[PDB]
Q: 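This structure holds aminocaproic acid. Let me ask you some things about it.
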Amino acid sequence: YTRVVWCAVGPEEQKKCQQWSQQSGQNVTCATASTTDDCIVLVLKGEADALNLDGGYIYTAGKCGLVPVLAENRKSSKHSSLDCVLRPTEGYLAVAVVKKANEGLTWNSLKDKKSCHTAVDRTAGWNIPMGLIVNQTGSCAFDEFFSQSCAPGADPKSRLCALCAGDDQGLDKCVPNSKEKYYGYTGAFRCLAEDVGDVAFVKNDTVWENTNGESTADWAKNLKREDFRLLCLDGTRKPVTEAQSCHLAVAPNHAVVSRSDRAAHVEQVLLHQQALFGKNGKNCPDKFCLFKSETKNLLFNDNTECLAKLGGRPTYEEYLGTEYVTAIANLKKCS
Amino acid sequence: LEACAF
Ligand SMILES: *[C@@H]1O[C@H](CO)[C@@H](O[C@@H]2O[C@H](CO)[C@@H](O)[C@H](O)[C@H]2NC(C)=O)[C@H](O)[C@H]1NC(C)=O
Ligand SMILES: *[C@@H]1O[C@H](CO)[C@@H](O[C@@H]2O[C@H](CO)[C@@H](O)[C@H](O)[C@H]2NC(C)=O)[C@H](O)[C@H]1NC(C)=O
Ligand SMILES: *[C@@H]1O[C@H](CO)[C@@H](O)[C@H](O)[C@H]1NC(C)=O
Ligand SMILES: NCCCCCC(=O)O
Ligand SMILES: [Fe+3]
Ligand SMILES: [Zn+2]
Ligand SMILES: [Zn+2]
């Protein structure tokens, strides 16, 4: 058999991948790149085999020929007798979150406010909110809608990166990897928690997972869910308990992609690797847990229960859904 | 309906 070469985005992912590789007896090995688009290019060149991707990045990968292999499955809201690997995925809820104390703010008064996004080109952080804003404003000038933002991946001198903070030294401002303080779900929620931004575009799970003591991290350890509100598209504000009736969209779960001729081997290796290091895996927590990273969602989201098999050997457009693909392609007309 | 970005 062949080794599977994973692609880690940035140095924190690379460290976790190197621990996985050592524990896997090198059944998995690691390549690393600075951004997710650069990892996609390593896999297209055949210099890496696979990585797990947000749906906006699956669109970029899929336009280049890479295919979905397995999907993240988090705990289901409804009981199921099916094994995690065979249980159907339920998308996650993209939401817009604000502070309750910011009393005037609704979906309809976001213009000229400060925003926090997971990264350009990601589903909840960017494609869903900016796609809705372009459409509602009738304007492609989404780079001028908010007064300042942190949108990792955007031009670092532009207003879309003005709120980004870089790393411990202030280097790498706005890079779309975990070195940027405000990257990703947890970084964009921290941008809101710290009142750097007025609004964060994340998913429902992020707000729950980083409030009320669910996270012990210093910036989160003291946050209370009741201090946050969701912005609904009808211009109302709701408690974060009401995400099923106050979301911007339902997103397809993050999933692993690879080149088509390595998909079967990547699939078999991952099913074995999660049997060892997955949630309740043979070797987790004693040796290594593939789906933990101290809340930092490195390689996989920390709320992943397993990687699940896909139904219907789907193409990337079947996996993302036609409606979402068309929304992305509509927004990408602006660029 | 476009192609690969890279
Ligand atoms: C919003 O996200 C949270 C966190 O994932 C979900 O709350 C979890 O729901 C699971 C499955 O029901 C429970 O067993 C977990 O205990 C809950 N976690 C926490 C921290 O409370 C919540 O269901 C999601 N809301 C919607 C509408 O999907
Ligand atoms: C932004 O608006 C565009 C244009 O209306 C939306 O695109 C349409 O989506 C519907 C439903 O999926 C399709 O039947 C149409 O064919 C699409 N129209 C065009 C011209 O492509 C798009 O969904 C909207 N974006 C968001 C994020 O809601
Ligand atoms: C490495 O992979 C081989 C072949 O599938 C298998 O026999 C071995 O158990 C694997 N070990 C680990 C630790 O993943
Ligand atoms: N256009 C369909 C987007 C995918 C929705 C997420 C889901 O149903 O799992
Ligand atoms: Fe996402
Ligand atoms: Zn809905
Ligand atoms: Zn099909």
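Order of sequence lines = order of chain letters (A, B, ...). Residues displayed in chain A correspond, in order, to the PDB entry positions 342-676. Here chain B follows the PDB entry for its numbers: 681-686, in order, are the residues you see. Because only heavy atoms are used, hydrogens play no part in the values below, and waters and symmetry mates are left out as well, while side chains stay in. Ligands are counted one by one from 1 in listed order, and the atoms in each one are counted from 1 as well. Going by what the header records, the deposited coordinates were determined by X-ray crystallography, 1.5 Å.
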Q: Where do all copies of aminocaproic acid show up in the model?
A: ligand 4
Q: Report, using the naming of the PDB entry, the chain with the greatest number of heavy-atom pairs under 4.5 Å to aminocaproic acid (ligand 4).
A: Lactotransferrin
Q: Mind listing the other chains that have a heavy atom within less than 4.0 Å of aminocaproic acid (ligand 4)?
A: A
Q: Mind pulling out the residues near aminocaproic acid (ligand 4)? I'm using a 4.0 Å cut-off on non-hydrogen atoms.
A: A/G432, A/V591, A/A592, A/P593, A/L661, A/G662, A/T663, A/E664, A/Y665
Q: Using a strict 4.0 Å cut-off to heavy atoms of A/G432, name the atoms of aminocaproic acid (ligand 4) that fall inside it.
A: 9 (O)
Q: Source organism for chain A, as stated in the entry?
A: Bos taurus
Q: In aminocaproic acid (ligand 4), which numbered atoms sit nearer than 4.0 Å to a non-hydrogen atom of A/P593?
A: 4 (C), 6 (C)
Q: Which residue supplies the protein heavy atom nearest to atom 3 (C) of aminocaproic acid (ligand 4), what is that atom called, and how far is it?
A: A/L661 O, 2.7 Å
Q: Around atom 8 (O) of aminocaproic acid (ligand 4), find the nearest protein heavy atom and jot down its residue, atom name and distance.
A: A/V591 CG1, 4.4 Å
Q: Identify, by atom number and element, the atoms of aminocaproic acid (ligand 4) in contact range of A/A592, meaning under 4.0 Å from any of its heavy atoms.
A: 6 (C)
Q: Any idea which UniProt domain of chain A makes up most of the interface with aminocaproic acid (ligand 4)?
A: Transferrin-like 2
Q: For atom 1 (N) of aminocaproic acid (ligand 4), which protein heavy atom lies nearest, and how many Å away is it?
A: A/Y665 N, 2.5 Å
